[PDB]
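A look at one PDB structure holding dipyridamole.
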Amino acid sequence: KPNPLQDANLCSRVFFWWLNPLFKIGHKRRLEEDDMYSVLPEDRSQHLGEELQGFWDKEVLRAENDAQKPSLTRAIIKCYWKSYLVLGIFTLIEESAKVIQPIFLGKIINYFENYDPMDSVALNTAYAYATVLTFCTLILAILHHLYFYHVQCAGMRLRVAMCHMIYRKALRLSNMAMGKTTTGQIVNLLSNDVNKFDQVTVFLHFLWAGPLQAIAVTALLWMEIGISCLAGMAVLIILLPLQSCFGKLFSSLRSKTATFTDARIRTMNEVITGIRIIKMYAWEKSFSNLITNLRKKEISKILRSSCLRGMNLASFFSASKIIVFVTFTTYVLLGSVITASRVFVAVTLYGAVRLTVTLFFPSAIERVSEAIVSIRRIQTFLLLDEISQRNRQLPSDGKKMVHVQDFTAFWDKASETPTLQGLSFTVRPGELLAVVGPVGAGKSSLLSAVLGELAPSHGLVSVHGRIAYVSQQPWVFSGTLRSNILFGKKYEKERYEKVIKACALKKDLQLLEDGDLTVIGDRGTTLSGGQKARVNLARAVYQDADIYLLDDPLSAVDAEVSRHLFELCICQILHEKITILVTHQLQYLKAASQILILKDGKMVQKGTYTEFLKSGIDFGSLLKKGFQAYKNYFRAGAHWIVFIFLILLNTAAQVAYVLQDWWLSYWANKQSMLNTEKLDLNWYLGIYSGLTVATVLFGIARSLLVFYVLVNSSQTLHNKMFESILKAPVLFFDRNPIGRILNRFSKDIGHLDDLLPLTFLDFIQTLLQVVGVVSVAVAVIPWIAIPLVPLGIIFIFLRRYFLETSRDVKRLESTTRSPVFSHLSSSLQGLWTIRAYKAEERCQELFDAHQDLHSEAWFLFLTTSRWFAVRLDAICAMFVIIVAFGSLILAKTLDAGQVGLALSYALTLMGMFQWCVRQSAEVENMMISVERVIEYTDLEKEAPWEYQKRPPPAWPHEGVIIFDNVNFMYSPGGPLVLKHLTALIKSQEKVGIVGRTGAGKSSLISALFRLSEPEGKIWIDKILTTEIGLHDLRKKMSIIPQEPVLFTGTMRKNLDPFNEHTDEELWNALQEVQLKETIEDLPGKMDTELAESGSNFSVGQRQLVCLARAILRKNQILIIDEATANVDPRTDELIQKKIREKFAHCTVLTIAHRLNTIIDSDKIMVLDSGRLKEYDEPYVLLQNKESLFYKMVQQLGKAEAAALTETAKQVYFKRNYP
Ligand SMILES: OCCN(CCO)c1nc(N2CCCCC2)c2nc(N(CCO)CCO)nc(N3CCCCC3)c2n1
């Protein structure tokens, strides 16, 4: 994929002309990883990594020679100064130009100040000065981009080399260091601490071109306006600390919101997760109250932080006005006079040095501090203790064989008992050694010592040959199954087909789409544990070393395939292979040609299976121990009157900005047309200060008002969205996962709260400044309106042409970045397997090929943005040229003030135009947040919580519940679930439910609570359920859910969230489940704050809590579901006895998976695949041998069925015959 950057000229590499073809393709179709362009040979990850590693090794070597700490920063500087001195040369040129061009502005204006139409010599000199002005702006606009590319390229190169050394080191970490670190800490300095290098370079050069320029400019100012410059200059310096006390006060209001944003997001997580429980309990007004309180207390801090941000941005807007105003007030007051050449040079000098001092120099300071911190982190990571490379082997005679003598080892230099105690045994070719021992013996550590991963303390280990190893936990990397097996070995058809058949892989391959070519990412997302183990075994077989180690291979797989693998591969294929096995299944020990027993780190006995049969020790004995979106985003914030006032306030701010400099222009003109006489100073300074103050106040007012309106729009959108997600029917929560729903509450509203109202105000600010500049140049030279239409059409078409590719290549440098982190993860988790094979260097090449695929989209993201900015500055330079020259070919009409104003504003168009366009892109990029928030504010809604027909207070009087032809569906057009459900429930009876899993057992609760408005009728005490609103239907029915949940809060809440009960009642209820005592030993009485789902509580305890809830509600209906799944039998019978003897006079339906739970129930639904068929007393249904109840009783067993039938008969005979 050749790179046209390689075959291009200089006249082609300045205008990035090599990149037009890609853009053309980008205009037709979408871009893929083929359309991309490969990288230069001077940028492949391997080359940079090798070079920087060379310098880093030299530097640490000299550190050892000198006994002082090695510094990575010195290595980076030593490898990169020779190539970062060139870019310094050019930024020196660029700063000199930004300082020179005001002086030629001065000379042009000075020609206008002494206009004489006949002195054509002066006209020719002024034309020369304008030509020099356009040369300066054309080296500031066209040759500043073949520079910025390389300044970002030095940062790219540094970062890619750093990533390569980081992976290289993390591939050879000693286990002692490996354990003390993590694998989240070795991806956090490759995803977030090696990105700083992509940015520090961009600004590094301003640590010396920042101050130097701020002196050069000062000197120039001194030559023109004299001492007064200091006055103005003083103010500029004050913007350095004031900018860093809007930062150590905004960072105290921005990390005092996380303690509220995260509370709200966590409460979201609980509300969205357990929404079926909240709806069934009819609680969501409580969570609505909680979330309203949290959201209001984060809007307080969002509103303070945004008011402060707006004040900062208005200071940035009006700083230039205040500098110029104080400069020229001091300039005039010391007794000098205003002429139009010094005024509009000094303005431009202040423009340049303000853009450097207040914006670029502090940014470079921040970014160099961040890159130094990151270099320190990678510095520490590169000094972790390594692994002894496999050293000079003892001279052998070609006998591949394993022998260990008197081996003792520790995993810690502080452990008392050694991991191994003097182990001395061996294995030869063809001898399938095996290890037998319960968990805690050290067999895993035994194989680890075999691999050398455990440092020998005494004895000796002699392993001579290629080693194939299998970890206890199978490990799969990002790649296809054939590539998974090959692990770098070239494919061989027969040697792979025998692998396929001996591993019994055919079933799994026929399951998946690509046969054996299905791509398997990290953690085996496309595989199962048995598949992982089998593919790991296949890798071990195909790598085909001498000595093989197999640790617990067959435990997690089926018996037959495990037998096949052990017999026709381990017993058969490996009978000619050195092998060590750690096992847990006894049947295979007969096939072990040797047996090793390990215990307490000490050898117990070695021998064949026969000698341990004769030993008298059975193994088991040992083994046991669009535009509409903008309109909706703006309508929410305020009514349109405030919006029209907002527009007038923007316009007043901009117009007063422009009119201040216009006032200097008019002042200068009124000084020229003079004469001693003087000029009335009080009037002029009065209006000058009036215009400056109007600029400042209108800037502050515009910024605060825009922030307030957009923050208020965020608040209104969130309140609407949330109060419309609490009312969405559970069907919606089923369609959308928990991840996406709670993503538009944390990330999206996360934008809408603090990044639209800042990007959308910055965009408005600089857009109105661009319009200010263009309208000044059109009010002076009206003819400019003609060429400036072919700089509107060209601009719009340019931006369309460019955003159709900068949106196809700013997703390629994102969807090819993750594979780097994924490969790093998959290689650290499989680390022992990798380092067991001598092929760790091949994983280095895989990392590079995953890093020459992100440094291949960073290349395009760095040069397509430049192909855009070169052209934008061609447009801005055409404008500056037209203003500079067209101000002369019409010299007869203009004057010094008009020309100064028009020209210096055109000079500031540079850069301001580009920031305006960049924010336009970013705002159109973050209105997707608003589009999603507004997509949720328009969801479905279940029936309203209240109806006109409120129920009688005593209702339900008894508990009569009648199902009349209830036909219920989960979703429209789906399978009919309950079909003609016609049943009667007379007061207080206990009705079990029987059926198949999902055959309608758990749908009766779904329809009875109207979780999906059912078809049919349900009468609760002769009242239709559909005819009453929900919270007058769910408040009057209790339920015991499958998995109880406790909602984060005081235990006073998880029982009485509405504060409708009193401490005596709560204590009594908790007593009825006998857990009252179990609570009154916690820090608080009830008010112990809890973790998720009451993690300090047990499942049985949670069930007790919900049973207490049911007791507290004391309504005369009740529904139980999945009483005890795996709860301990004591708590089982506990809950059972409270279930009967607590709720005798409260109608009970029970939906249980077992029979003893429901054997004694008064009646039983029988649900036949979504159909009620049998419903009567259990004894009657057992009388008929053909009843499904009889059949499913008989399916348990003989003694079980006899006991159950006896119990049902006992109930019948005690009940119906007194
Ligand atoms: O109203 C100023 C807002 N801010 C401060 C907010 O944090 C701001 N930040 C910039 N940066 C952010 C990212 C790291 C530092 C730069 C930045 N960068 C450029 N440049 C890149 C143009 O594409 C010039 C360098 O090429 N130009 C800027 N202007 C803005 C318009 C008037 C003056 C030119 C500018 N402004």
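FYI, the numbering just counts along the sequence from 1. In each ligand, atom 1 is the first atom listed, and ligand 1 is the first ligand listed. Keep in mind that the numbers below use all heavy atoms, side chains included, and drop hydrogens, waters and symmetry copies.
For dipyridamole (ligand 1), the chief contact partner in this model is given in the PDB entry as ATP-binding cassette sub-family C member 4. Heavy atoms within 4.0 Å of dipyridamole (ligand 1) belong to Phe203, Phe316, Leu355, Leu359, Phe360, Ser363, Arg367, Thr766, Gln914, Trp915. Per UniProt, most contacting residues of chain A around dipyridamole (ligand 1) lie in the domain ABC transmembrane type-1 1. Between dipyridamole (ligand 1) and the membrane-spanning segments of chain A, as UniProt orders them from the N terminus, heavy atoms come under 4.0 Å only for 3, 6, 10, 13.
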